[PDB]
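Here is a PDB entry that includes amprenavir.
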2 protein chains.
Amino acid sequence: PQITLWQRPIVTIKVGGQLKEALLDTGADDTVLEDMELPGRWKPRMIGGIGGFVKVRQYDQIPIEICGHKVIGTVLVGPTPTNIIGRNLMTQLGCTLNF
Amino acid sequence: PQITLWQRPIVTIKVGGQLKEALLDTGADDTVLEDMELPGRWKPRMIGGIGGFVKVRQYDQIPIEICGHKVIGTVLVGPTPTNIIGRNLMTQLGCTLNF
Ligand SMILES: CC(C)CN(C[C@@H](O)[C@H](Cc1ccccc1)NC(=O)O[C@H]1CCOC1)S(=O)(=O)c1ccc(N)cc1
């Protein structure tokens, strides 16, 4: 699809069998989800956002279906205003910015 | 242009007489630039995300040239770690996300 930016580019994702809304966020290097249970071991990761650097949990090779497309990659979990799909997974979708 | 997302989507802008680089960010509702002088009246605002919150000054109707295209809109200024072009200016470019 082609998504304009007059509203937030919120899409529906499926992760761990649950549908959730998430924001397609080209200013986010990584994908960060609100607290949820994910499989496997995690490791610590420090990420930078608008208010500073914060430690989150990093899970690897997590499948997510975004608009019906299946991606698999690193997902971080920690405090966040919303579920954020960053460039690590948008590149798997083939997403580009166009003007 | 069509900009892929393997790297951060950084472009050159010109604002308030100053040339700088900024991030095209579909996850940012409004443009926020690192602290600088802008003309005119402003209003205090708080913006929040992964760092927590930062206080900014909101300037209205500020002209910015982005990749040579002249656009106009609200510009927030404050201690952001990076210059961010948000949706409020990306729409004026006719910028879409496509996959
Ligand atoms: C978190 C989203 C919902 C909101 N932010 C936009 C995001 O793109 C934000 C932009 C950014 C890049 C690098 C350093 C600092 C900030 N990237 C971000 O945090 O990347 C993290 C999350 C995982 O990957 C790394 S914002 O900066 O808080 C924001 C809020 C309001 C306005 N008007 C403008 C900006």
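Sequence lines map to chains A, B, C, ... one by one, in the order shown. All chain A residue numbers match the PDB entry; in order, they span 1-99. Note that chain B carries the PDB entry numbering, so the residues on display, from first to last, are 1-99. Whatever order the structure lists ligands and atoms in, that order sets their numbers, starting from 1.
In this entry, more contacts with amprenavir come from one chain than from any other, and the PDB entry calls that chain HIV-1 protease. Other chains near amprenavir (heavy atoms under 4.0 Å), by letter: A, B. Taking every heavy atom under 4.0 Å from amprenavir, one finds A:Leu23, A:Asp25, A:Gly27, A:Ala28, A:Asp29, A:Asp30, A:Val32, A:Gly48, A:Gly49, A:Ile50, A:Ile84, B:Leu23, B:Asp25, B:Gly27, B:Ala28, B:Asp30, B:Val32, B:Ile47, B:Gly48, B:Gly49, B:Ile50, B:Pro81, B:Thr82, B:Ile84. Residue-ligand proximity, B:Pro81 to amprenavir, at heavy-atom distances under 4.0 Å covers atoms 14 (C), 15 (C). The PDB records the source of chain A as Human immunodeficiency virus 1. Distances below 4.0 Å separate heavy atoms of B:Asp25 from the following atoms of amprenavir: 6 (C), 7 (C), 8 (O), 9 (C), 10 (C). Proximity to A:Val32 (heavy-atom distance under 4.0 Å) selects the following atoms of amprenavir: 23 (C). The shortest N or O to N or O distance between A:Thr82 and amprenavir is not under 3.5 Å. Listed by number with element, the atoms of amprenavir under 4.0 Å from a non-hydrogen atom of B:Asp30 are 32 (C), 33 (N), 34 (C).
Looking only at heavy atoms of the protein, atom 1 (C) of amprenavir is closest to A:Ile84 CD1, 3.6 Å.
In this structure, atom 20 (O) of amprenavir lies nearest to the protein heavy atom A:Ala28 CA, 3.5 Å. Of all the atoms in amprenavir, the ones that sit under 4.0 Å from a non-hydrogen atom of B:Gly48 are 28 (O), 30 (C). The structure places no covalent bond from amprenavir onto a chain.
When distances from atom 12 (C) of amprenavir to the protein are checked, a heavy atom turns up under 4.0 Å. Taking only nitrogen or oxygen atoms, main chain and side chain alike, A:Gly27 reaches within less than 3.5 Å of amprenavir. Under a 4.0 Å criterion applied to the non-hydrogen atoms of A:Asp29, amprenavir contributes the atoms 24 (O), 25 (C). Shown in contact with B:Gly49 at under 4.0 Å from a heavy atom are these atoms of amprenavir, numbered in order with element: 28 (O).
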